[PDB]
Undergrad: 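Examining a structure with rupintrivir (bound form) at the moment.
Chain A is numbered as in the PDB entry; shown residues: 4-182, in order. Atoms within a ligand are numbered from 1 in the order they appear, just like the ligands themselves. These numbers come from the heavy atoms of this one structure, side chains and all, not from hydrogens, waters or symmetry mates.
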Amino acid sequence: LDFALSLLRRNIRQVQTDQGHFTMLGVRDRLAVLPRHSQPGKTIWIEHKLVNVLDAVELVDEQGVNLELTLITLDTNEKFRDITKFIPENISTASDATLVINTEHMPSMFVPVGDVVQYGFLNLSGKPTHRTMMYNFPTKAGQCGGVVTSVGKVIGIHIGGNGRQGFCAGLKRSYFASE
Ligand SMILES: *[C@@H](CC(=O)OCC)[C@H](C[C@@H]1CCNC1=O)NC(=O)[C@@H](CC(=O)[C@@H](NC(=O)c1cc(C)on1)C(C)C)Cc1ccc(F)cc1
């Protein structure tokens, strides 16, 4: 859990958008990822600091279906420690995962969510979404953007839940490639 701690210190930041509080994962250089619904647009507050967003790309699959992830490029001289080696090449399930949440209201929280399983299609508030996974844990509002981690891997970003189960967008390394 010193890997989760390293991630927390170096790569996981408390942020806010017009849609409220979220956890943000910095991946490399000036590149970070958020849940799509956070809708950062042209700026974002990182630990209360107002920062320009140079580009926001909402990811879709080949079929043009929502993946519920937004890649943001930040206007800063700060580079995130490169964690691409910890992101699997294929969307991966895991046993006994930890959900890492870090927002102003929920700072530095490690939440064991149990096993993460393939789910796939998700009707997320009427928005057809692909490539999701599921955990049998009652995730709550304010936890979107939380980072799903396992044995030295970063496998998902929290995006939704029904009060009983939680769902993440799966991560694959190629999402973060340079060009
Ligand atoms: C995180 C963002 C936030 O807190 O929004 C506050 C309104 C949040 C986490 C969940 C809240 C409840 N438990 C969760 O872990 N995500 C959301 O609220 C999104 C929408 C939902 O999660 C819906 N749940 C489902 O649709 C659903 C379907 C199944 C089989 O299980 N759950 C709501 C009905 C609660 C926010 C969102 C994302 C994308 C969109 F297009 C619209 C809205």
Undergrad: What macromolecule, as named in the PDB entry, provides the greatest number of contacts to rupintrivir (bound form, ligand 1) in this entry?
TA: 3C protease
Undergrad: Quiz question for you: does at least one protein heavy atom lie closer than 4.0 Å to atom 4 (O) of rupintrivir (bound form, ligand 1)?
TA: yes
Undergrad: Give me the nearest non-hydrogen protein atom to atom 9 (C) of rupintrivir (bound form, ligand 1) as residue plus atom name, then the distance to 0.1 Å.
TA: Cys147 SG, 3.2 Å
Undergrad: Purely on distance, is any nitrogen or oxygen of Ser128 under 3.5 Å from one on rupintrivir (bound form, ligand 1)?
TA: yes
Undergrad: Of the listed options (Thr26, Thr106, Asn126), which comes nearest to atom 28 (C) of rupintrivir (bound form, ligand 1) when hydrogens are ignored and any heavy atom counts?
TA: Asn126
Undergrad: Provide the residue and atom to which the entry gives rupintrivir (bound form, ligand 1) a covalent bond, if any.
TA: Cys147 SG
Undergrad: On a heavy-atom basis, I'd like to know which of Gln22, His40, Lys130, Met137 is closest to atom 43 (C) of rupintrivir (bound form, ligand 1).
TA: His40
Undergrad: What is the source organism the PDB records for chain A?
TA: Human enterovirus 71
Undergrad: What residues line the site of rupintrivir (bound form, ligand 1) at a non-hydrogen cut-off of 4.0 Å?
TA: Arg39, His40, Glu71, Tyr122, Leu125, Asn126, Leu127, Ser128, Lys130, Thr142, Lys143, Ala144, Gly145, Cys147, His161, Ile162, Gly163, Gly164, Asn165, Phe170
